[PDB]
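Worksheet for the structure shown next.
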Amino acid sequence: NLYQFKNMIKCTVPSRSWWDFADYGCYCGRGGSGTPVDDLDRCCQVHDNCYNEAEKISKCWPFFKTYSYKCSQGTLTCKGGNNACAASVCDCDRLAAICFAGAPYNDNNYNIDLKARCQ
Amino acid sequence: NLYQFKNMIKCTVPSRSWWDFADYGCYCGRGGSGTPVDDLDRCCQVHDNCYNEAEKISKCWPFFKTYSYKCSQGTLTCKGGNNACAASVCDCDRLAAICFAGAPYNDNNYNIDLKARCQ
Amino acid sequence: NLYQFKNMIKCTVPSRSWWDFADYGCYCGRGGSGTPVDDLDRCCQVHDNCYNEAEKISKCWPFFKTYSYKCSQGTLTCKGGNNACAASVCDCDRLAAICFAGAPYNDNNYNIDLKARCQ
Ligand SMILES: CN(C)c1ccc(O)c2c1C[C@H]1C[C@H]3[C@H](N(C)C)C(O)=C(C(N)=O)C(=O)[C@@]3(O)C(O)=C1C2=O
Ligand SMILES: CN(C)c1ccc(O)c2c1C[C@H]1C[C@H]3[C@H](N(C)C)C(O)=C(C(N)=O)C(=O)[C@@]3(O)C(O)=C1C2=O
Ligand SMILES: CN(C)c1ccc(O)c2c1C[C@H]1C[C@H]3[C@H](N(C)C)C(O)=C(C(N)=O)C(=O)[C@@]3(O)C(O)=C1C2=O
Ligand SMILES: [Ca+2]
Ligand SMILES: [Ca+2]
Ligand SMILES: [Ca+2]
């Protein structure tokens, strides 16, 4: 669920606030419309796409779905007892958190004008 | 719930992203403040009002409330086994999805400045 | 949960829409980044901090967590049957609602540019 995604990002990107990723580029916090502004934005687009696949599972609602995972010393693991939806959502979150850690954060892409950038 | 509202909009407006309706005018994604910018915005105001009525049911929390419905060939039906809250929320969503399909989407009303338009 | 926070604000600030507080300053609707714009924004920062403490309880997810409370004649009380998470979240919400009632609302701080104000 949303909180667990936040916590995964805290796990792999402890130096950044959740808020920095919650309104960034055309896709971080969003979906659809536009050319990704940079590589971090592309992480987010990939995450959105991953959630769309997870949503093909009936009643699978990624931001609402609780899953089981562990953050240990900056490493994320999704636990085996997750149901199909939980497992899928957990992996989407994990892969994104890892992607975010590697992508450089561009201050110029925070809280951008969607009309200007994302058509 | 929120996902189900998204899916209803996908049912009746399959050519548009959810994101296009998630920050539009003074009311799509919002409520209160302002004169609706256009007829689509008015759909959203009506939807907000509908949710306010549903919220008169104790512990009825529209964006969180799961309901039962079916999208078939672009037609939405709310199912009979819904509890009072579920039934009300489902109908609010259905009527809005239908409203959105008919209202023309004005690019100039996406992601507008609320201070400029919605006081 | 989020709806209950909204309702608490309705209890102590019945003359204002929820939407007025949902995107105000650097912290109302947000967290991290920036110097609070005014005393109301400081209420919100305090609320965010309070939620961070509540989140130290395992699986305590403030915006998702249902709690028991009563609004009577503009006075909020958190009820005794709340679990640890519910109790903590309820108090965070209560204290914020009270803070919001006392803090003057500055129209110039609604829906501000985060890049301009909150770095
Ligand atoms: C619309 N989408 C399917 C859902 C469904 C259920 C939800 O519970 C939510 C969303 C959207 C997401 C978007 C995310 C996005 N970001 C990842 C932080 C984001 O753009 C914000 C934001 N800062 O506006 C959210 O509202 C957000 O945090 C959020 O609270 C959401 C949320 O609460
Ligand atoms: C405040 N309101 C009562 C609630 C309660 C519970 C929720 O779970 C949520 C809301 C607000 C709604 C607003 C809607 C709005 N829209 C319909 C997409 C919207 O303005 C956004 C947005 N793009 O900022 C959301 O955060 C939003 O999608 C959302 O995620 C919400 C949401 O997650
Ligand atoms: C990210 N944060 C941990 C969560 C977790 C679960 C949630 O269900 C939600 C959030 C963020 C909050 C932010 C709040 C904020 N405000 C208090 C209204 C806010 O900035 C908005 C907004 N207008 O964009 C929300 O999306 C918001 O209403 C919301 O719907 C949230 C929400 O739905
Ligand atoms: Ca590159
Ligand atoms: Ca008209
Ligand atoms: Ca002061």
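Lettering: A, B, C, ... assigned in the same order as the sequence lines. Chain A is numbered as in the PDB entry, which gives 1-119 for the residues shown. All residue numbers given for chain B refer to the PDB entry; the residues shown span 1-119 in order. What you see of chain C is 1-119, where the numbers are those given in the PDB entry. Note that ligands are numbered from 1 as they come in the structure, with each ligand's atoms numbered from 1 the same way. Heads up, header says this was done by X-ray crystallography, 1.6 Å. These numbers come from the heavy atoms of this one structure, side chains and all, not from hydrogens, waters or symmetry mates.
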Chief macromolecule bound to ligand 3 (the PDB entry): phospholipase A2, acidic
Options pemetrexed, bictegravir, minocycline, vebreltinib for ligand 3: minocycline
Chain letters with a heavy atom under 4.0 Å from minocycline (ligand 3): A, B, C
Residues lining minocycline (ligand 3), heavy atoms within 4.0 Å: A:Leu2, A:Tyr3, A:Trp18, B:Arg30, C:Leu2, C:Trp18, C:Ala22, C:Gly29, C:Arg30, C:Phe63, C:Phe64
Minimum-distance protein heavy atom relative to atom 16 (N) of minocycline (ligand 3): C:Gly29 CA, 3.2 Å
Any N/O pair C:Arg30/minocycline (ligand 3) closer than 3.5 Å: yes
Under 4.0 Å to a heavy atom of A:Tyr3 - the qualifying atoms of minocycline (ligand 3), by number: 3 (C), 5 (C), 6 (C)
Heavy-atom protein contact below 4.0 Å for atom 1 (C) of minocycline (ligand 3): yes
Overlap: UniProt Ca(2+)-binding residues in chain C and residues with a heavy atom under 4.0 Å from minocycline (ligand 3): C:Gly29
Nitrogen or oxygen of C:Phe21 less than 3.5 angstrom from that of minocycline (ligand 3): no
Nearest-contact summary for atom 32 (C) of minocycline (ligand 3) - protein heavy atom, Å: C:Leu2 CD2, 3.8 Å
Heavy-atom proximity of minocycline (ligand 3) to UniProt active-site residues in chain C: C:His47, 7 Å
For atom 8 (O) of minocycline (ligand 3), the protein heavy atom that lies nearest, with its residue and separation: C:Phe64 CE2, 3.2 Å
Atom 23 (N) of minocycline (ligand 3): any protein heavy atom closer than 4.0 Å: yes
For C:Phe63, the minocycline (ligand 3) atoms whose distance to one of its heavy atoms is below 4.0 Å: 4 (C), 6 (C), 7 (C), 10 (C), 12 (C)
Under 3.5 Å: N/O of C:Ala22 near N/O of minocycline (ligand 3): yes
